[PDB]
*Asks:* 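Before I ask anything, here is the structure I am working with.
Residue numbers start from 1 in every chain, and the chains themselves are labelled A, B, ... in the order their sequence lines are given, proteins ahead of strands. Note that ligands are numbered from 1 as they come in the structure, with each ligand's atoms numbered from 1 the same way. The analysis underlying the following values was restricted to heavy atoms, covering all of them including side chains, and did not include hydrogens, waters or symmetry mates. Method of determination (from the header): X-ray crystallography, 3.5 Å. Contacts here are counted within a displayed part of the entry, not across the full deposit.
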Amino acid sequence: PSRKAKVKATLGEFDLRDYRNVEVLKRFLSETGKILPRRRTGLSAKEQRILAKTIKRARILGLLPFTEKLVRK
Amino acid sequence: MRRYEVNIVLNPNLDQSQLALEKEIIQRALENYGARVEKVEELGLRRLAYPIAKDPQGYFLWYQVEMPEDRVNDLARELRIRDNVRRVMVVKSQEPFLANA
Amino acid sequence: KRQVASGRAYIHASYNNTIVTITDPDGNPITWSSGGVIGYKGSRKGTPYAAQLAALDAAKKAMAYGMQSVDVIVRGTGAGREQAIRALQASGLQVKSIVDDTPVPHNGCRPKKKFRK
Amino acid sequence: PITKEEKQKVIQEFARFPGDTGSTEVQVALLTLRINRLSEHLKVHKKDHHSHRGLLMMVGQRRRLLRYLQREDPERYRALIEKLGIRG
RNA sequence: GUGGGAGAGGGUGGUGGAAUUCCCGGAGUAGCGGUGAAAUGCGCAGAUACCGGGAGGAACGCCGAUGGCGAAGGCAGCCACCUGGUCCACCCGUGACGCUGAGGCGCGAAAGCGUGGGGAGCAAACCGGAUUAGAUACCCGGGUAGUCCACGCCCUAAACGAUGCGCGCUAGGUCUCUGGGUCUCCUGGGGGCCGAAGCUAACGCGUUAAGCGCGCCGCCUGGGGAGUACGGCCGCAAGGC
Ligand SMILES: NC[C@@H]1O[C@H](O[C@H]2[C@@H](O)[C@H](O[C@@H]3[C@@H](O)[C@H](N)C[C@H](N)[C@H]3O[C@H]3O[C@H](CO)[C@@H](O)[C@H](O)[C@H]3N)O[C@@H]2CO)[C@H](N)[C@@H](O)[C@@H]1O
Ligand SMILES: NC[C@@H]1O[C@H](O[C@H]2[C@@H](O)[C@H](O[C@@H]3[C@@H](O)[C@H](N)C[C@H](N)[C@H]3O[C@H]3O[C@H](CO)[C@@H](O)[C@H](O)[C@H]3N)O[C@@H]2CO)[C@H](N)[C@@H](O)[C@@H]1O
Ligand SMILES: [K+]
Ligand SMILES: [K+]
Ligand SMILES: [K+]
Ligand SMILES: [K+]
Ligand SMILES: [K+]
Ligand SMILES: [Mg+2]
Ligand SMILES: [Mg+2]
Ligand SMILES: [Mg+2]
Ligand SMILES: [Mg+2]
Ligand SMILES: [Mg+2]
Ligand SMILES: [Mg+2]
Ligand SMILES: [Mg+2]
Ligand SMILES: [Mg+2]
Ligand SMILES: [Mg+2]
Ligand SMILES: [Mg+2]
Ligand SMILES: [Mg+2]
Ligand SMILES: [Mg+2]
Ligand SMILES: [Mg+2]
Ligand SMILES: [Mg+2]
Ligand SMILES: [Mg+2]
Ligand SMILES: [Mg+2]
Ligand SMILES: [Mg+2]
Ligand SMILES: [Mg+2]
Ligand SMILES: [Mg+2]
Ligand SMILES: [Mg+2]
Ligand SMILES: [Mg+2]
Ligand SMILES: [Mg+2]
Ligand SMILES: [Mg+2]
Ligand SMILES: [Mg+2]
Ligand SMILES: [Mg+2]
Ligand SMILES: [Mg+2]
Ligand SMILES: [Mg+2]
Ligand SMILES: [Mg+2]
Ligand SMILES: [Mg+2]
Ligand SMILES: [Mg+2]
Ligand SMILES: [Mg+2]
Ligand SMILES: [Mg+2]
Ligand SMILES: [Mg+2]
Ligand SMILES: [Mg+2]
Ligand SMILES: [Mg+2]
Ligand SMILES: [Mg+2]
Ligand SMILES: [Mg+2]
Ligand SMILES: [Mg+2]
Ligand SMILES: [Mg+2]
Ligand SMILES: [Mg+2]
Ligand SMILES: [Mg+2]
Ligand SMILES: [Mg+2]
Ligand SMILES: [Mg+2]
Ligand SMILES: [Mg+2]
Ligand SMILES: [Mg+2]
Ligand SMILES: [Mg+2]
Ligand SMILES: [Mg+2]
Ligand SMILES: [Mg+2]
Ligand SMILES: [Mg+2]
Ligand SMILES: [Mg+2]
Ligand SMILES: [Mg+2]
Ligand SMILES: [Mg+2]
């Protein structure tokens with residue numbers, strides 16, 4: 001049920017449409033390279049919709065990964 | 001005539017002369033495709049979240065320009081020719097949409 | 001006769017068989033084992049016991065090269081995965097890391113009829 | 001696309017009086033602009049039928065407006081056509 | 001008209017990463033594969049697993065949903081260009097210009113047809129291996145068409161809400177998408193669930209009507225024979241109406 005934390009309230013003022021701002025988009029990806037659902041991000045419909053596309057934009061540029069290996073399993 | 005943002009990721013191994021040549025070619029190609037440059041951010045060598053062209057780094061450039069829309073995809077075409085340049089991405093500028101404000 | 005002493009222990013598990021490939025740090029293999037390397041022939045190769053034996057025979061093959069530390073990399077979902085893990089976990093080899101690198105496509109190819117829907 | 005300056009140009013060309021944004025002529029003329037631009041879009045991209053829908057709907061509304069004017073004031077109707085160059 | 005919003009709506013070009021297969025190199029040995037169990041198959045010309053490089057075809061994981069768009073069919077990596085529909089606020093303009101719609105015309109999943117390309121994976125047919133009393137199957141190993149592309153055909157469907165389109169009237173509660181506003185809340189468009197009155201043979205429907213009304217179209221008239229025969233129109237054919 002994601003009662004650990006929500007990422008939006010773990011963050012201050014930021015621009016959802018910044019594809020080049022890694023040290024924040026990083027915070028929205030999982031331990032794998034995957035994009036977190038609204039359970040974790042706490043975003044809204046429109047917010048998660050746009051953040052998705054700016055993360056994909058960032059992935060093409062080589063700033064965020066497409067996938068990662070899982071550690072410690 | 002619209003407002004765009006050119007992202008260029010080129011080889012991180014270039015000494016000052018070759019890179020200066022590439023930047024020259026960027027300015028020139030812009031003048032040929034009618035890009036009035038409003039501002040530019042040079043972020044330089046930067047770690048890549050996956051190797052591009054087998055190189056774990058890449059040199060980053062960003063240009064907020066204004067140019068004829070009808071010649072946008074032509075321009076990007078030209079920018080992709082240089083072997084030194086390994087990523088071209090042109091994007092329509094947008095108003096920043098803020099969260100948690 | 002290389003004297004590696006440190007490497008990577010790949011585990012390829014599937015619902016039919018479990019196969020261990022032990023490599024140098026660069027990734028080139030040194031020795032290996034599986035369910036068929038041991039006397040198991042039929043479906044028994046897809047056992048967690050068959051896996052255990054395979055990983056132990058792999059670790060013992062690699063002791064002959066004097067290897068001590070390994071990084072484990074699991075690929076494939078299948079029985080005997082975690083049992084091969086636990087076989088190496090105290091096999092004499094020290095497990096420095098466990099990593100699950102099971103390849104997943106991004107909706108790339110059409111599976112067999114067996115795997116559809 | 002169609003810039004607001006072109007829009008103003010054609011509106012003001014066809015406005016019955018200054019500030020006329022809604023006359024029959026302004027409507028028919030606007031639709032004529034859009035129709036011609038869409039037809040030029042459809043000489044290329046002839047495999048785009050979903051737009052072609054919008055085209056049939058535009059032609060239909062223009063024909064209803066022209067039939068209306070034809071009924072009410074055939075003078076302004078012929079004048080409109082003679083300016084736009086429609087019916088052939 | 002003005003000014004803003006939202007969207008996998010459409011076309012074209014470009015482009016990104018994961019995976020499969022194949023080719024090359026490296027390292028390495030007796031098997032891999034597959035099943036209920038097996039076998040065929042593949043492997044000593046060195047496979048499987050493992051690292052590096054390379055080619056090519058297809059499809060876009062997470063986001064993603066009870067979500068959105070579209071007239072329907074249908075639409076999902078990203079960027080740009082061209083282009084359709086819609087929603088809100090403002091009360092600005094036209095002055096009943098409206099609705100429906102036989103015929104017509106256009107669209108129309110898959111499969112299928114013609115030419116030419118392409119062909120990785122999957123796979124009708126087909127070739128094997130099993131199973132069975134048999135097994136023209138379900139299971140396993142292969143594999144052609146096809147699936148993909150351009151262009152032209154075909155025109156069907158459980159083409160489904162099994163519910164034609166438009167407009168007015170008739171308690172609410174709640175979830176959600178997307179606007180506006182004096183932003184506890186008010187107000188508009190869309191998608192859900194429960195339900196007033198009411199309706200229904202019942203099931204159920206119930207401001208997204210299957211309620212109460214008006215307008216126009218399409219259609220039914222017991223089962224089989226039969227979507228057959230004949231005629232006509234269409235089609236390269238399959239066949240469609
Ligand atoms: N249509 C393509 C899509 O456009 C998106 O953006 C679209 C919408 O957000 C935007 O809305 C526009 C805007 O001017 C404003 N919100 C109102 C306006 N009526 C809209 O324009 C609309 O109407 C015109 C015809 O009049 C159409 O040509 C156009 O496609 C349609 N969007 O217009 C854009 C073009 O349709 C995104 N770029 C992306 O999803 C995608 O490229
Ligand atoms: N390529 C992007 C898309 O191409 C579509 O059509 C394109 C493709 O269908 C067609 O084939 C292209 C071509 O480069 C060449 N013949 C081979 C190449 N592998 C294909 O490109 C694509 O093929 C398929 C889809 O068909 C994709 O799944 C794949 O990512 C990509 N390789 O070439 C067309 C362009 O020349 C449409 N234009 C539009 O959807 C979009 O621009
Ligand atoms: K093969
Ligand atoms: K699919
Ligand atoms: K839905
Ligand atoms: K609001
Ligand atoms: K029900
Ligand atoms: Mg280049
Ligand atoms: Mg097996
Ligand atoms: Mg209409
Ligand atoms: Mg789209
Ligand atoms: Mg080889
Ligand atoms: Mg043999
Ligand atoms: Mg030999
Ligand atoms: Mg042989
Ligand atoms: Mg292989
Ligand atoms: Mg490789
Ligand atoms: Mg080939
Ligand atoms: Mg899903
Ligand atoms: Mg609809
Ligand atoms: Mg709908
Ligand atoms: Mg459907
Ligand atoms: Mg008024
Ligand atoms: Mg008046
Ligand atoms: Mg109608
Ligand atoms: Mg008709
Ligand atoms: Mg069809
Ligand atoms: Mg087809
Ligand atoms: Mg064909
Ligand atoms: Mg062919
Ligand atoms: Mg051929
Ligand atoms: Mg062939
Ligand atoms: Mg096959
Ligand atoms: Mg088969
Ligand atoms: Mg057979
Ligand atoms: Mg029997
Ligand atoms: Mg053929
Ligand atoms: Mg359907
Ligand atoms: Mg249905
Ligand atoms: Mg419904
Ligand atoms: Mg519906
Ligand atoms: Mg209805
Ligand atoms: Mg219907
Ligand atoms: Mg209507
Ligand atoms: Mg509603
Ligand atoms: Mg819907
Ligand atoms: Mg109910
Ligand atoms: Mg009752
Ligand atoms: Mg009841
Ligand atoms: Mg009603
Ligand atoms: Mg009938
Ligand atoms: Mg009927
Ligand atoms: Mg009878
Ligand atoms: Mg009948
Ligand atoms: Mg029939
Ligand atoms: Mg006949
Ligand atoms: Mg004939
Ligand atoms: Mg037949
Ligand atoms: Mg016939």
*Asks:* So, pexmetinib, paromomycin, dihydroergotamine - which of those ended up at ligand 1?
*Replies:*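 The correct choice is paromomycin.
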*Asks:* What is paromomycin (ligand 1) bound to here, taking the chain with most contacts and naming it as the PDB entry does?
*Replies:*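 Most contacts go to 16S Ribosomal RNA rRNA.
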*Asks:* Counting heavy atoms under 4.0 Å, which other chains neighbour paromomycin (ligand 1)?
*Replies:*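 Non-hydrogen contacts: D, E.
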*Asks:* What molecule name does the PDB attach to chain D?
*Replies:*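 According to the deposit, 30S ribosomal protein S15.
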*Asks:* Working on a figure here: which residues of other chains come under 4.0 Å of paromomycin (ligand 1) (heavy-atom distance)?
*Replies:*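 The heavy-atom site around paromomycin (ligand 1) is D:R34, E:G4, E:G5, E:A6, E:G7, E:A8, E:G9, E:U83, E:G84, E:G85, E:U86.
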